[PDB]
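Residue indices begin at 1 and follow the sequence shown. Structure determined by X-ray crystallography, 1.9 Å. The basis for the numbers below is simple: all heavy atoms, side chains too, and nothing from hydrogens, waters or symmetry mates. As the structure lists them, so they are numbered: ligands from 1, and atoms in each ligand from 1.
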Amino acid sequence: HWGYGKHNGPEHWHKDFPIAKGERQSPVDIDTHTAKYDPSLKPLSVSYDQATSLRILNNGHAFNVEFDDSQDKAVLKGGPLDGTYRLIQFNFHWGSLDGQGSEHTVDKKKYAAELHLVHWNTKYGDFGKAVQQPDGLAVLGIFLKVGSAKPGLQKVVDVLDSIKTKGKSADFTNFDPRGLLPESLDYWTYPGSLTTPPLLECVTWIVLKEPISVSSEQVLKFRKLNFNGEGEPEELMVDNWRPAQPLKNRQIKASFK
Ligand SMILES: CC(=O)Nc1nnc(S(N)(=O)=O)s1
Ligand SMILES: [Zn+2]
Ligand SMILES: [Zn+2]
């Protein structure tokens, strides 16, 4: 089964998922001097006030917080998007050390972790259909750097102990995702893919310029999770990030100058 180890990591994925060597793979390195400022990009519209979180789960690769996506409660629109995109989940990627952990990089700079807020285009009916379309998903990427603590992330940090191993899940209601957003919504956007198998090329990536700060104690708790299931030899869940892929003549557009 795929993973992030020496024998089943990113460099091996192409054997089971040939699309890994595709034309629009993610993540990528964002070269800030080559990115094109596009004055026609509209501001992002994030409406998370009616968001309903359900559970938090350790899937053996990272941990996800899932939301009720049966209605337009938490949606993303505007920016480079056409139509309404419904929030379904958010997940993180982190490193074993503070100088690595993010998937996307900015001018080769790696951040301590990266948050992904996944949304699917409502015109497709369900998430399963959306992943088969070139404009099926919109993922909002937020960088995390170590500094002062992020109050809004603490609820997540505190519950990690209950979902320590692969397969564990816990009820996680009333979590407000607005507490994870940076102050500015300036962004870079480019057409890409999911960063984990099946690596489908169905994502419009929206990467925020401004990182959020989290404390050392907060990220330390992420590193306590396990890749393994209960009762198996312990493998700490760290470095669950995919390296930057070739841009291959796609253009990264910026909403700011
Ligand atoms: C069910 C679902 O959302 N799966 C995802 N797989 N990888 C994702 S990512 N890391 O690109 O956000 S989202
Ligand atoms: Zn799996
Ligand atoms: Zn992710």
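Per PDB records, the drug at ligand 1 is named acetazolamide. Here the macromolecule bound to acetazolamide with the most contacts is known in UniProt as Carbonic anhydrase 2. Here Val118 has side-chain heavy atoms under 4.0 Å from acetazolamide, and that is the only part of it that gets that close. Across the listed options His116, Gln89, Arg242, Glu114, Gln89 owns the non-hydrogen atom lying nearest to atom 2 (C) of acetazolamide.
Of all UniProt domains in chain A, the one holding most residues touching acetazolamide is Alpha-carbonic anhydrase. Not one N or O of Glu103 is nearer than 3.5 Å to an N or O of acetazolamide, by distance alone. Counting heavy atoms closer than 4.0 Å to acetazolamide, residue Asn91 contributes side-chain atoms (C-beta onward) but none from N, CA, C or O. Taxonomically, the PDB assigns the source of chain A to Homo sapiens. UniProt lists residues of chain A as binding substrate; of these, a heavy atom within 4.0 Å of acetazolamide is found for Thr195, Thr196.
Considering only non-hydrogen protein atoms, atom 6 (N) of acetazolamide sits nearest to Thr196 OG1, 3.0 Å.
Close approach of acetazolamide to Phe127 is summarised as follows: ligand atoms under 4.0 Å from at least one heavy atom of the residue are 1 (C), 2 (C), 3 (O). Neighbours of acetazolamide under 4.0 Å (other ligands and ions): ligand 3 (zinc ion). At the shortest separation from atom 10 (N) of acetazolamide among protein heavy atoms lies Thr195 OG1, 2.9 Å.
Taking a cut-off of under 4.0 Å to the non-hydrogen atoms of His93, the atoms of acetazolamide that pass are 10 (N). Defined by non-hydrogen atoms within 4.0 Å, the binding site of acetazolamide is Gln89, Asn91, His93, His116, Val118, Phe127, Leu194, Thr195, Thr196, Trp205.
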